J.: 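Take a look at the following structure, please.
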Amino acid sequence: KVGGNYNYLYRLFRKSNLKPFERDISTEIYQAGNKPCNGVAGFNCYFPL
Amino acid sequence: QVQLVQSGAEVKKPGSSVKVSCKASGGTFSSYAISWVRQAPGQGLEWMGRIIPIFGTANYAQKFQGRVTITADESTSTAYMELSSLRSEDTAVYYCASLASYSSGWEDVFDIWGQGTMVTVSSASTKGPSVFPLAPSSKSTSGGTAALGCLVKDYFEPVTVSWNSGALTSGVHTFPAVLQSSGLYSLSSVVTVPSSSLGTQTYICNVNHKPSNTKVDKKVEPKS
Amino acid sequence: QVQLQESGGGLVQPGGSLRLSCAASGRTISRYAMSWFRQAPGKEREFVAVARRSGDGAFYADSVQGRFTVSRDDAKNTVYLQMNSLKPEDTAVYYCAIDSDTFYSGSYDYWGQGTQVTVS
Amino acid sequence: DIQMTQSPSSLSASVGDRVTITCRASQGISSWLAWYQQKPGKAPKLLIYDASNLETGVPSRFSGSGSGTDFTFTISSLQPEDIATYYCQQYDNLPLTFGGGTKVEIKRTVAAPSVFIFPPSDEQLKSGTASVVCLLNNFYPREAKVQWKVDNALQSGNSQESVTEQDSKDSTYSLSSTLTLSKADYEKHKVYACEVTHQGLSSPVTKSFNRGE
């Protein structure tokens with residue numbers, strides 16, 4: 001799109017690695033350095049996708 | 001189970017920036033890219049608004065850009081839409097829906113739609129129903145029964161009718177009526193009954209509206 | 001103002017098929033529709049069919065659906081009718097009629113004349 | 001103007017008809033296209049979300065295919081529940097608009113209609129107003145005559161109408177027309193009436209009335 005197309009989503013930030021051919025569907029909020037952001041604000045707790 | 005919900009039906013006026021809200025239930029609000037659908041009687045799907053809450057980016061259709069805004073507040077778990085410069089075409093059943101089909105492996109098809117509401121912006125009629133009767137003649141009958149009716153057309157939200165406490169329904173009809181050239185709406189209903197009871201039973205037509213609860217009932221009297 | 005003609009008919013062998021035609025002059029019939037009627041000798045009238053310009057097929061009466069076909073040509077003002085499987089109950093005269101109304105979807109029907117279709 | 005259109009506005013067919021109907025657009029695309037079914041004023045059904053792909057919930061009676069500017073909607077059978085409209089929408093680019101679709105009804109034998117006339121009452125007169133409605137019901141076709149014959153004359157611009165969808169019970173229809181008046185008109189118009197003509201009607205039916213009743 002000229003100035004849109006925000007539905008094509010991917011991963012640019014996450015902490016843990018996954019093993020070869022391992023299965024994962026998670027989309028949970030990321031931690032904030034401190035204890036994680038359970039549906040609330042924090043330091044950054046940037047989104048997975 | 002996942003579900004989205006707007007606030008109760010309400011009235012919206014042009015010439016100002018109104019604040020509309022709707023919440024998402026089931027998983028964090030941040031997980032779904034929310035789309036607003038102004039499904040009209042004739043027109044179907046819409047794309048006048050799409051927002052990814054956590055990235056904060058939002059795009060709109062060529063009809064709404066520049067004057068509208070979306071803001072997501074996770075403290076109350078709500079997504080807001082700032083709307084202004086409305087037109088009469090906005091008469092539609094609005095839904096705030098999930099366009100989260102990116103993690104599904106399917107290219108962004110809508111999956112979850114909210115309960116949605118019938119927004120009231122036009123000059124159809126409420127608040128002071130002026131019901132008056134309509135009576136046929138017993139010569140145009142067929143099938144051994146006669147009909148009755150009433151009509152309302154005055155003031156302004158949409159109109160709804162009723163006759164009694166749902167007692168006799170030998171036959172009833174209703175129409176998606178039209179609005180008078182004055183820009184104000186009219187609606188009517190018809191009921192049938194054996195000829196001996198026509199007019200003698202003293203039927204009564206009642207009308208009320210949710211936004212104001214102005215209830216009035218006036219009678220009908222055909223001839224047998 | 002009003003004029004229409006017909007052609008065909010006669011005394012024919014039963015069990016076969018037949019054709020019937022009709023047309024008008026003095027005007028262009030694209031505004032109106034066309035219908036047909038039947039009437040046995042010395043008896044009352046009965047419906048046949050009607051033609052629509054949308055080209056979505058044709059409509060016929062209750063007991064004549066499975067053995068009749070109708071057609072029409074606006075540019076020529078012509079109406080065509082076909083029948084199959086003659087029976088002693090349909091030996092009758094068949095009339096031409098015009099479903100008339102001023103540039104409208106509805107119509108009021110005006111009848112002209114017809115031709116004889118009699119079995120041996 | 002990326003818009004799709006259908007050719008038979010009111011597509012009629014009986015139960016169990018073979019139809020290969022088309023939705024054509026000005027520009028052809030190979031992806032990002034779907035088809036829907038919808039009632040008047042209700043959300044659309046996710047019937048065909050992709051080219052030649054059928055999702056869960058679709059009956060075996062309907063299917064889709066095609067390519068280029070035209071796409072064929074195959075109907076192995078048309079159920080009586082299908083009093084609704086189809087759509088051939090696309091979502092390829094940003095500046096989107098919705099399709100027009102087609103209207104569908106069930107082809108059925110024709111039945112005799114019920115016809116009524118609704119004169120006013122003296123309460124309207126004492127209140128300052130006056131009106132009349134004459135109604136038509138139980139006919140199959142999508143249109144019929146409710147002509148305005150005020151004083152045996154046609155009227156338009158200040159009149160109103162009322163129509164329903166196809167009655168799914170026996171595939172019937174209804175139609176009506178309306179009138180509203182001030183006093184001076186009511187006082188000089190003597191004989192009101194609305195004239196109806198029907199296929200199975202040999203002479204124009206006239207339902208008339210007067211002011212004193």
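Chain letters run A, B, ... following the sequence lines, proteins first and then strands; every chain starts at 1. What you see here is only part of the deposit, and the contact count is restricted to that part. Quick note: numbers below take in every heavy atom, side chains included, and nothing from hydrogens, waters or symmetry partners. Header entry for method reads electron microscopy, 3.3 Å.
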J.: At chains B and D, which of 3BNC117, CNTO 1959, JMB2002, CNTO 888, PGDM1400 is present?
T.: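 The right pick is JMB2002.
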J.: What's the chief chain around JMB2002 in this model, going by the PDB entry?
T.: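 Most heavy-atom pairs under 4.5 Å are with Nanobody.
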J.: Which other chains are in heavy-atom contact (under 4.5 Å) with JMB2002?
T.: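 The heavy-atom check gives A, C.
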J.: Write down the PDB name of chain A.
T.: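 Per the entry: Spike glycoprotein.
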J.: Which chain of JMB2002 gives the top heavy-atom pair count under 4.5 Å against chain C?
T.: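 Leading in heavy-atom pairs under 4.5 Å: chain D.
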J.: Taking heavy atoms under 4.5 Å, what residues and nucleotides bind JMB2002?
T.: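 At that heavy-atom cut-off, the site is A/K1, A/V2, A/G3, A/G4, A/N5, A/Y6, A/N7, A/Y8, A/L9, A/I29, A/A41, A/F47, A/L49, C/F47, C/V50, C/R52, C/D56, C/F59, C/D99, C/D101, C/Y104, C/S105, C/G106, C/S107, C/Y108, C/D109, C/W111.
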